[PDB]
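Structure follows of polythiazide associated with Solute carrier family 12 member 3.
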2 protein chains.
Amino acid sequence: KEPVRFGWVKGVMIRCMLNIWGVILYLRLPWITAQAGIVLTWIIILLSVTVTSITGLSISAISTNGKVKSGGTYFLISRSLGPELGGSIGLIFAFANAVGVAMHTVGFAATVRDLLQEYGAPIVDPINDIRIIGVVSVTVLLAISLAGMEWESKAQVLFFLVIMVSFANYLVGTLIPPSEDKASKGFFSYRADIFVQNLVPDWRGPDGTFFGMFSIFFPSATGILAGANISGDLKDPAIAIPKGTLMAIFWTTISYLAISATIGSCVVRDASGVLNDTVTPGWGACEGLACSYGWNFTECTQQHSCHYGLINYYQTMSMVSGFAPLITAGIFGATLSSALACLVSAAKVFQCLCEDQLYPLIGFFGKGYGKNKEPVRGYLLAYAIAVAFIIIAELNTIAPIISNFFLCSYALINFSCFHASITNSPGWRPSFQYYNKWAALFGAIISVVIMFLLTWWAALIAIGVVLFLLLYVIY
Amino acid sequence: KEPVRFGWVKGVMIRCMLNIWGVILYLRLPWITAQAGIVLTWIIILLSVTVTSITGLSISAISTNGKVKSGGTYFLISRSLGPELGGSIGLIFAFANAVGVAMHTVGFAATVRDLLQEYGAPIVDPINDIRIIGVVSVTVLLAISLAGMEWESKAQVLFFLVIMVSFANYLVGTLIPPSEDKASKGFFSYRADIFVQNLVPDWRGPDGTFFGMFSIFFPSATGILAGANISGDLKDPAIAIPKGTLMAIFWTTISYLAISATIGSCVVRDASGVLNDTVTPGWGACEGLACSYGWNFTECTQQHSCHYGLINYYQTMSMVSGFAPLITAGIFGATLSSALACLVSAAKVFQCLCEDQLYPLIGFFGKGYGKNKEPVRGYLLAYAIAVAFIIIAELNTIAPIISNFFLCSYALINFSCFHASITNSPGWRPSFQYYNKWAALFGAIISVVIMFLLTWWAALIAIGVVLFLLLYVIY
Ligand SMILES: CN1[C@@H](CSCC(F)(F)F)Nc2cc(Cl)c(S(N)(=O)=O)cc2S1(=O)=O
Ligand SMILES: CN1[C@@H](CSCC(F)(F)F)Nc2cc(Cl)c(S(N)(=O)=O)cc2S1(=O)=O
Ligand code: NA
Ligand code: NA
């Protein structure tokens, strides 16, 4: 009974694309497009996908160096900077993945709760909705993931199809001439006037700055290592990991640019929401862009007190669409798939750390064999952390620390590549064509600059945890 | 012709006491005593002299381990964490010392300029006063330091005597019943009412917070390594360095407490400065503490627009005194002595780095022998940096980076002691009685906490410079 192996389009490309896409695509990108206009939004996107392209090239170069087992992403850190930054960064990576599982299942449970609160009676508590729904969802994901690897692959293909259907729904919705309901909320079809008026920023509110929008977006463009954590479950990784990872990054960035450039030329940043604001012939004068189509939104701009339009209403994308519930389906598919990718990623790193002879820290976790060619001993450890961080259910303060645990790995992977390449390390001969030491050095420096720049105390906590593990292991 | 060696009272105690005392004693301590009252000022002092007591114990333990040449303070860093944090921290230490020479000579030149601007015609430029005076003063200090070591010792004893004379002048001045000039500016003799009213804070202005006052004070309590940088010029360092350094710290702290507790019970925090504010019998009512003695300062407190009193006038200590010019003499002696101690400290570390075989980075500086048992090759290097940072003459922005170069050494010295003591390093047997690994660990952790807490970007620059030197030396 041979194990199942995957090609490059279902085992690498789909996984990375589905882990990069989140709910920022559906709830915040249309808002960032309004705060910062179109050109600066493109600049933010192209700055974010430059760090993850350099890390992508380093990962691709790592993959063409030989055969590495599923979850041996930190082996280069270990054999280039000693086996005590190997295990420490591996443990940080595999703990942050198992926390990201919870930070996604909570986001899915929030949507389920929001739908339940309108269509029927919820159960008594306002926040225990999230806890019960999150725990049930995590148990279902654990069950399907523990039933094999073909089943996880089929579920991921299903989520991909649902996301594509939501994209098509959006794109055919924007081409429909506006109805009164859609017009009165700020939607007109592709107009040249609304495109030009939206190319320049309009910073509004306490969080409306270029660095604020960069800090909102950047953590949702990472997630490129989801096809390299299962390196051993591919038919030939040395051709499948470079091409799959880079195609994922390319197509994700294209979809990020198209959505902003199209939503930025259909909706105005201010709208009333009440249909009694048509033009009255002889209403003195009106000030605003929308009069030339037949709508009068002066009271908003004078008083700054309406809830609709691109800059005020967070769910504009779900009202431009032809059929609204398909966008909710897209949100479900974009959140569950990220949770599943993170749960399969944290299992295959705990299972590599539990069988690492050179890092005996947690090698004592073995009681039951579970020999089904599956990491049963690495799934329960991830499940326990995932549930323990769903019971808390309040995770907006832990997000910076986890997001910096994920950049302490982007720094050490890139620096391990550079250090092994300048030292001429004995056994480091990557054959990937597009790779350079100085690009890796730049990536390793920027990944620390950004990490301290986003929030300075969480970066210190992230460094302190790694340093404590390092020192306790040495002594 | 044997070289000259010093005892423990002139070679260690005087040097450390004179480098700890600065112009904060004369221009800012009476102000901090008014912002934060008396109890919190004592708390600030006793928190600052806890980091430098733990570092003092680590230095004392280092000194009883054997014989170390003049300027080998970093040898423990080198033989406990490799010879590439040895030289890098040694270079950072000896560059920050040679910059502190400039940051003190500029402070002396400022006082000379301020006196010149009143008693006669200055030369044409307002800021070239500082440049010319600073360069001349540094050349005079270099000349006396380069003429030998006995002459430097005699100059330091002279500065010590001048500081003691200013202290006596102050202390006999506060016991004189007030004159009208001194009363109208806010000075009354030791009163019980002004003591109680001044025990509690009164935070005023943009910089008036507990952390603001800690950040002003703390960098002026360090400077305890000035008697350990000349370890080889002592008759027996293993008895002279512990006792001298700890007695310096003790007596400095006593003088810091006495000045604040006595200036806090003689002056009120608000005064007018004009003698027409005596009590007029029948002036309705007056509100304020000073009426019961016979002075009426209501207009100040109502309008917040007067320049005198403890909290508003920075030179209160120079008007309480019996004879004002002796306080100026004390300021001269407190600034020149710190410049001289730093110039002798940076010479004897550059001269140890130029003859270090295991750190060949700057070993190429040797052209002229200068064999006079004096570091002629290490004095010109310090002089060039000192002059280059006096020509700039604007140093209030470089102060944080230098002050963090001085804590990157307090961290590594303490951690080197701890690491060598837990590893049971082969050759580390300190016989100092009062020493503990965990005290050193606490010192090494607090020295980084404070370093990032004072200003977060300058700490990153200070770490980046050390890391760049480390990496460039390895490759
Ligand atoms: C969206 N994620 C961001 C973190 S930003 C949100 C935060 F968690 F910070 F709150 N980074 C990564 C990176 C990787 Cl490499 C992987 S993965 N599955 O390849 O190992 C997963 C993730 S993520 O899904 O957690
Ligand atoms: C007053 N100094 C403070 C720095 S605070 C002012 C700043 F420079 F930061 F702006 N720390 C030290 C420490 C030492 Cl050990 C030595 S010394 N001569 O023993 O080597 C000298 C000094 S200092 O004189 O520079
Ligand atoms: Na997803
Ligand atoms: Na001094």
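Letters A, B, ... mirror the listed sequences (proteins, then strands); counts begin at 1. First listed ligand is number 1; within each ligand, the first listed atom is number 1. Recorded method is electron microscopy, 3.0 Å. Atoms considered below: every heavy atom in the structure, side chains included; atoms not considered: hydrogens, waters and symmetry mates.
For polythiazide, the full set of ligands or chains is ligands 1 and 2. Lab note - other chains with heavy atoms under 4.0 Å from polythiazide (ligand 1): A. In this structure, the binding site of polythiazide (ligand 1) at 4.0 Å (heavy atoms) is formed by A/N19, A/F93, A/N97, A/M103, A/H104, A/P219, A/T222, A/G223, A/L225, A/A226, A/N229, A/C342, A/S345, A/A399, A/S403, A/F406.
Measured by non-hydrogen atoms, the distance from polythiazide (ligand 1) falls under 4.0 Å for these UniProt polythiazide-binding residues of chain A: A/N19, A/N97, A/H104, A/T222, A/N229. Using a 4.0 Å heavy-atom threshold around polythiazide (ligand 1), the UniProt transmembrane segments of chain A, numbered from the N terminus, that qualify are 1, 3, 6, 8, 10. Within 4.0 Å of polythiazide (ligand 1), counting heavy atoms, one finds no UniProt Na(+)-binding residue of chain A.
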